[PDB]
Every structure is written in structure tokens, then in C-alpha cells.
**Q** 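Structure: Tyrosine-protein kinase receptor in complex with repotrectinib.
The residues of the chain are indexed from 1 along the displayed sequence. All ligand and atom numbering here is 1-based and tracks the order in the structure. Note that these values count all heavy atoms, side chains included, but never hydrogens, waters or copies made by symmetry.
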Amino acid sequence: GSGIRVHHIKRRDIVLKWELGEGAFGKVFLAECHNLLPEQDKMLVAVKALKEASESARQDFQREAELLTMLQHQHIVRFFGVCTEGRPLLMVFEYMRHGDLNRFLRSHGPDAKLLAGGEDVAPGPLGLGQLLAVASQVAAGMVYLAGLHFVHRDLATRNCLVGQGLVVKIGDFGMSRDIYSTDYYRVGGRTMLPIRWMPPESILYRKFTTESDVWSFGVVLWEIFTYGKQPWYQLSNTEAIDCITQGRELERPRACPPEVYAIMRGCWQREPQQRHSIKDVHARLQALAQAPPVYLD
Ligand SMILES: C[C@H]1CNC(=O)c2cnn3ccc(nc23)N[C@H](C)c2cc(F)ccc2O1
């Protein structure tokens, strides 16, 4: 009985257009939703399918739907509601035209193998003030979630989305999409963690706290200032564990001013208690975004 009213959607108002992608045993479609909300009579959305419909996965779904319904913020991808009328079970979010932040970073790389346009952003390397803008918006999401003592255990550019005008929001939480993803380390069976993003207290004592998140967010900045590079890409899953645990730190990115590296280094304090409040990290990134310091070669 007692719970959050989750907006349910008729299958007739949902027209699947094509696969955007496929992960977490749940394909993601572009689709058109008719009369979802009165402002637009027909409107574009992303939709998460479910590959399995077992009663211990329909439970996963109701929790996710409930939790998603409450977690409403500027920098968290709008959730419109679900659809259980037919089968496969559907979840419906706003469409983010630039897809996941990690791809988007790699495609505004210098290393980028081809040029990617769009009407709302220059091709080629992004303005430091934009890089910071991105960071700033992820930090605004993280702050909200810390607000509700929510802990995202997989903070990474891969789990963020980029929309019209370079709006950046948090887009995924649980149920890791790519099962053959190289960022995740297989520890049991059906148990994989994004080691490279994880702080020592998490690899060692398997403890995850808003501080663990802050740590993880420092790596997100690193990813953001490397146009989506995999942290410790030269190393192996065990080598990275060694590095993190020994206390080795990620090098400064070439593109990365020392004022930001500084922020990163305060996210990576070995003492969880000695890591900067996310709120303070957000503040400084917002400030820096407002007046981007100059920095060459
Ligand atoms: C299929 C990929 C790409 N998604 C979209 O391009 C895409 C565009 N808009 N949008 C909305 C939700 C959504 N994907 C998209 N959810 C999925 C599960 C998702 C979330 C992420 F944080 C990152 C990637 C991702 O799915």
C-alpha cells in the first residue's frame, strides 16, 4: 500500500523510434510520447526496456520507479513515469540529445577520430569554461543527492547525460549497462564494482559514504579534463586497486588548471573525514566556471 504515486503511462502514447543503446539487461529506445504532459501534444523521450520480467526484477523496478520519482532535481534527468500495461516493462525519461557524458567528452577530444558537430556546441576541444560548467552541474546533482543522504555507488561520466545547450544531469544509478565494460571489476559472480572510481575505504573495508562519492567525483573531474579517458588506463584492474590502496594519485591532466587539480586532490584525501564537503567542491567549481582561470600548454 503506502508509497509514492508513480505516474503510469499508456502504451498507446509511447511510440518506439529506434535503439539508442543496450545495457543493464535493458535496451534504451528513442520514442515519441503523446500527451505525456499538456505543454507538448507529441514529444521525444528516452525509454529503458527490461530484458527480464521475473518477480524479483519487477521488485527492482518498483523500488527504482519509486526512488526515481522522489529524486527530482535540476541536474538529474527528468523521470516521467513507467509503463507496466504490456511487457517489456518501460521507464520513461526526458531525451538528452548528446547521449552519455563520457562519449560526448571523447567526441570533443583532441584525440577524437572524426569531428562531431551539433548546433548547440562547437566541434573540437571544449572551452575550459564549459569543461567547468559540466563539472559544476554534476556537482550540483551530487549536492542534492547528499542532501537526502543518498549514495550513488557508481559516479562516472558514463552514468551522466548531456542535453540541449550542454545541460549535464545524472542519468543512471543501479543496474550497470555494459556487462563487458572495462571500468568494472568482476569480484564475485553477478557482482561488479567500478574499482577505478572507488576510494580505499571502499576497496578495503567495502564501505560507501557521501565521502566515497566525493572521492568518485574527483575521478569524474579527471575524466572530464581528459575528454573521457579511463582512469589508470595503462594499468590492470588489480594494478589500479594496488595504486588506489598504496595511495598513488591520478596525474594532472594537460588540459587541467592547477586550481581544479587542487579541487581533485581534496576529493582524494586518504582520510574520508578530511575530504572536502561536496557543497564546497560545487561552490568552487561554480565560482571557477563563472571566471575561468587562464592556462596554456
Ligand atoms: C543508452 C545509453 C545512452 N542514453 C541516451 O543517449 C539517452 C538520451 N536521453 N536519455 C535519457 C535516459 C537515458 N538515456 C538517454 N537512460 C539510460 C539508461 C542512460 C543513462 C546514462 F546516464 C547514460 C547512458 C544511458 O543509456
**Q** Look up the source organism of chain A in the entry.
**A** Homo sapiens
**Q** Which residues form the binding site of repotrectinib (ligand 1) (heavy atoms under 4.0 Å)?
**A** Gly21, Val28, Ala46, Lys48, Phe93, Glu94, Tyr95, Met96, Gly99, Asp100, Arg158, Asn159, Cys160, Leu161, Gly171, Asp172, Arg177
